[PDB]
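Scroll down for the structure; my scribbles are underneath it.
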2 protein chains.
Amino acid sequence: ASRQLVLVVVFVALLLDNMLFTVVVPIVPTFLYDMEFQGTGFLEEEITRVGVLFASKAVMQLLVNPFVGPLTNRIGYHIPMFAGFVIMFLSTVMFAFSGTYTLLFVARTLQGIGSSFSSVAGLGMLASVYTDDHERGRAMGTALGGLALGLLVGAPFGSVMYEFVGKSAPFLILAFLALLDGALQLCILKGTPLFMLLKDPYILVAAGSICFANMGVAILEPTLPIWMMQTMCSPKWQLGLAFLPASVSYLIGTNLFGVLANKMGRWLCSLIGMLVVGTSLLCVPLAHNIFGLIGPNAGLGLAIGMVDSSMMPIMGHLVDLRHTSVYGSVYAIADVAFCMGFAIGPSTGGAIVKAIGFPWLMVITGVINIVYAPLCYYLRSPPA
Amino acid sequence: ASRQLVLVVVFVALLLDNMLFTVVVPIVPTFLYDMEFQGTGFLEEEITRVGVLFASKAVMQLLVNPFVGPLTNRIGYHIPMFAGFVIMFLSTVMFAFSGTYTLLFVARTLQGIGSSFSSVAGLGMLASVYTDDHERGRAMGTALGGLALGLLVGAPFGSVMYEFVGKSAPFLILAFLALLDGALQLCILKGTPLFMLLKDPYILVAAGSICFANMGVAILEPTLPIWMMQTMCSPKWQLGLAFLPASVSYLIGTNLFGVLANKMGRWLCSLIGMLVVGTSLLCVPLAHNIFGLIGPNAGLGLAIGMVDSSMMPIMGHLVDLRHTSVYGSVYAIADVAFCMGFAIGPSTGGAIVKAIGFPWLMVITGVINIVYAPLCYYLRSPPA
Ligand SMILES: COC(=O)[C@H]1[C@H]2C[C@@H]3c4[nH]c5cc(OC)ccc5c4CCN3C[C@H]2C[C@@H](OC(=O)c2cc(OC)c(OC)c(OC)c2)[C@@H]1OC
Ligand SMILES: COC(=O)[C@H]1[C@H]2C[C@@H]3c4[nH]c5cc(OC)ccc5c4CCN3C[C@H]2C[C@@H](OC(=O)c2cc(OC)c(OC)c(OC)c2)[C@@H]1OC
């Protein structure tokens with residue numbers, strides 16, 4: 001029993017969750033194309049179903065989030081984390097051994113449930129173990145940076161491993177890593193609820209800004225590989241590599257602008273980030289080769305880093321100013337915003353790409369971001 | 001008689017016209033203040049009249065512009081140019097000796113008529129003298145360079161000279177320069193009309209682009225000095241110097257982006273420059289000292305330079321692609337945009353500032369520019 005073991009456990013759990021989220025994007029469209037028969041343009045018939053597949057995790061996470069907290073209060077913290085590891089291992093094995101469409105849907109649903117359980121339980125355990133105030137910050141920083149590390153490491157992993165070792169290599173590797181995390185976890189040892197926090201306009205503006213900024217990436221996952229295979233004629237191992245700028249630029253932007261944004265005002269950072277997201281999504285569907293998506297994706301990642309570094313401190317400041325705040329107050333609002341974006345984006349986006357073209361979806365999302373960007377003016381000098 | 005005299009005549013005429021347009025900015029409100037009266041404040045009662053006074057030039061420029069063409073065809077070019085000198089000299093003398101509000105109105109009106117006549121006749125004479133189709137570009141370029149140069153030394157001239165020499169000095173100097181231009185002038189010697197060009201959407205979008213880009217500076221003239229004397233409490237000689245960044249930044253931006261815009265697309269330059277304007281007009285009314293306007297004014301000038309350097313070649317290309325083009329079709333389409341901007345901006349700005357607050361006007365203009373910015377996506381790849 002030591003304070004570092006819980007940190008390493010939460011680190012590995014969040015890394016595994018984000019890696020399993022990201023790895024699926026290069027793999028599902030390629031597998032669905034391969035099972036029927038770069039050859040054919042029949043993917044338009046399946047776009048609504050591939051889009052609805054991705055939203056299952058967000059929908060189940062939203063459905064299961066409110067019940068997690070009371071369970072942790074009445075039966076502790078370790079058992080919900082063990083449940084999360086078991087569900088994650090079941091999800092990864094089901095992904096590895098699935099052959100049809102329904103099995104992948106079940107895998108995504110189970111992954112959503114396990115992710116919600118593991119996230120809430122791990123945050124609770126890290127809060128409970130450290131009781132120094134200042135120390136909690138350096139622990140939460142490392143644990144939350146683990147998510148970005150997993151996102152960076154796992155984006156081109158699946159696409160490269162699918163065409164070389166097979167369809168069951170990355171999922172079994174993630175299963176072994178989850179088994180290691182579970183084995184490590186085997187050796188261990190209030191105020192203003194969220195629905196009141198979402199009742200004031202100042203928090204709602206920030207949450208909507210975060211959701212609309214992340215919908216650029218939310219609706220680019222299930223629709224970009226299909227677009228690449230239909231038009232660009234790129235090989236199957238480069239589909240995951242097109243998302244590397246979206247992660248590297250995000251990490252660079254979040255570090256640099258967490259350093260710099262306090263000097264020139266946070267609302268200006270949010271406005272410029274939203275505008276850059278809109279312009280980047282507008283310029284995305286003009287590329288005729290894989291090298292042409294290096295620019296717009298990088299700009300997109302930089303603008304999302306802009307918004308995510310300029311909005312969280314504003315949310316914390318508002319919660320401290322007008323309500324009573326706890327350690328995880330900002331986390332619940334951020335998670336609700338992310339899940340709402342990931343659950344509303346793909347489900348409507350698939351319908352839009354069947355009804356009309358893929359570029360019109362990008363133009364619509366960019367225009368929505370640009371129109372919403374002026375509304376960040378409200379956040380400056382928030383009244384008590 | 002030669003070909004380098006007409007160039008200097010058109011140069012001096014455009015230079016003096018722009019100086020007389022710009023030097024009235026910090027003289028009218030200060031004259032009203034020191035004729036009606038730290039300082040008791042009532043300028044909110046007269047802001048509407050001050051705003052309406054500035055629109056007369058644009059209004060009867062638009063009213064008189066259609067009639068100058070057939071007159072030039074029937075009776076030549078030199079006589080309408082000499083009439084411009086006579087009307088401009090009358091306007092500057094009237095500005096020098098005016099004491100009441102009606103005289104300033106009629107002087108501005110005369111300046112509008114003289115500016116329209118001088119501009120049309122001068123461009124006609126420059127086109128008539130040169131008939132090489134290569135040196136004509138340099139001939140227009142020098143005159144428009146003088147047009148740009150006037151607005152640099154026009155704004156921080158009246159404000160500085162007013163508090164040190166008096167109210168009758170700069171107008172008399174401009175009158176002497178006008179008489180010199182007339183003395184120089186004394187020793188001298190068709191397709192797709194405009195109303196059909198304003199019928200296709202691809203030109204109307206560009207015209208609205210230029211107009212809504214210049215409305216930010218159009219509504220900033222009559223209302224910024226009054227705001228400065230009401231809040232910032234600056235001396236009377238610093239009102240004119242607050243517009244120098246909007247001139248220098250505009251010149252720098254127009255040079256750089258005329259060099260650079262073709263590499264990254266003209267529509268993207270316009271889209272980026274219509275958002276810098278919206279942010280600049282939003283950060284303008286937050287300053288609490290004179291030194292806080294150096295940033296937003298420079299940004300506004302840079303964005304206007306971006307738009308004006310990325311839109312004119314688009315208009316020329318569109319007119320060549322879909323219609324029949326002449327020497328100054330882009331000139332006419334730009335004039336109809338500038339005059340509409342200067343005629344619609346100040347009046348409604350005065351009404352808004354007397355109805356709601358001054359900062360709300362800049363917020364509305366910035367929101368309008370941001371909303372209209374996505375519509376520049378249409379201008380890429382226009383069909384034939
Ligand atoms: C699945 O990806 C995630 O799930 C994370 C990211 C979401 C999004 C994203 N997805 C991609 C998928 C790709 O595959 C092809 C490629 C690129 C991207 C990008 C690029 C852009 N990107 C940003 C990532 C943001 C992460 O969230 C946090 O960093 C965070 C930080 C906090 O501390 C301040 C929080 O506390 C308040 C917090 O509360 C919930 C969350 C978020 O959840 C952990
Ligand atoms: C009165 O100001 C004008 O009247 C000129 C400018 C309008 C606007 C402006 N006003 C100010 C007043 C101030 O006092 C306090 C301070 C700052 C500014 C700024 C800063 C920003 N600025 C830009 C200036 C632009 C000029 O117009 C052209 O340069 C032009 C070029 C062309 O060549 C391509 C044309 O041909 C197609 C053309 O056709 C009609 C016009 C325009 O008309 C001549």
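Throughout, a chain's letter reflects where its sequence line sits, starting with A, and its residues are numbered from 1. Order of listing sets the numbers, starting from 1, for every ligand and every atom in it. Quick note: numbers below take in every heavy atom, side chains included, and nothing from hydrogens, waters or symmetry partners.
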Check your understanding: For ligand 1, which of the listed compounds (dalfopristin, resiniferatoxin, milbemycin oxime, reserpine) is correct?
Key -> reserpine
Review point. Counting heavy-atom pairs under 4.5 Å, which macromolecule has the most such pairs with reserpine (ligand 1), as named in the PDB entry?
Key: VMAT1 dimer with reserpine
Review point. Which chain letters belong to other chains having any non-hydrogen atom below 4.0 Å from reserpine (ligand 1)?
Key: A
Point to revise | Source of chain A according to the entry | key: Homo sapiens
Review point. With a non-hydrogen cut-off of 4.0 Å, what is the binding site of reserpine (ligand 1)?
Key: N18(A), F21(A), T22(A), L144(A), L147(A), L151(A), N214(A), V217(A), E221(A), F243(A), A246(A), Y250(A), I304(A), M312(A), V330(A), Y331(A), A334(A), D335(A), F338(A)
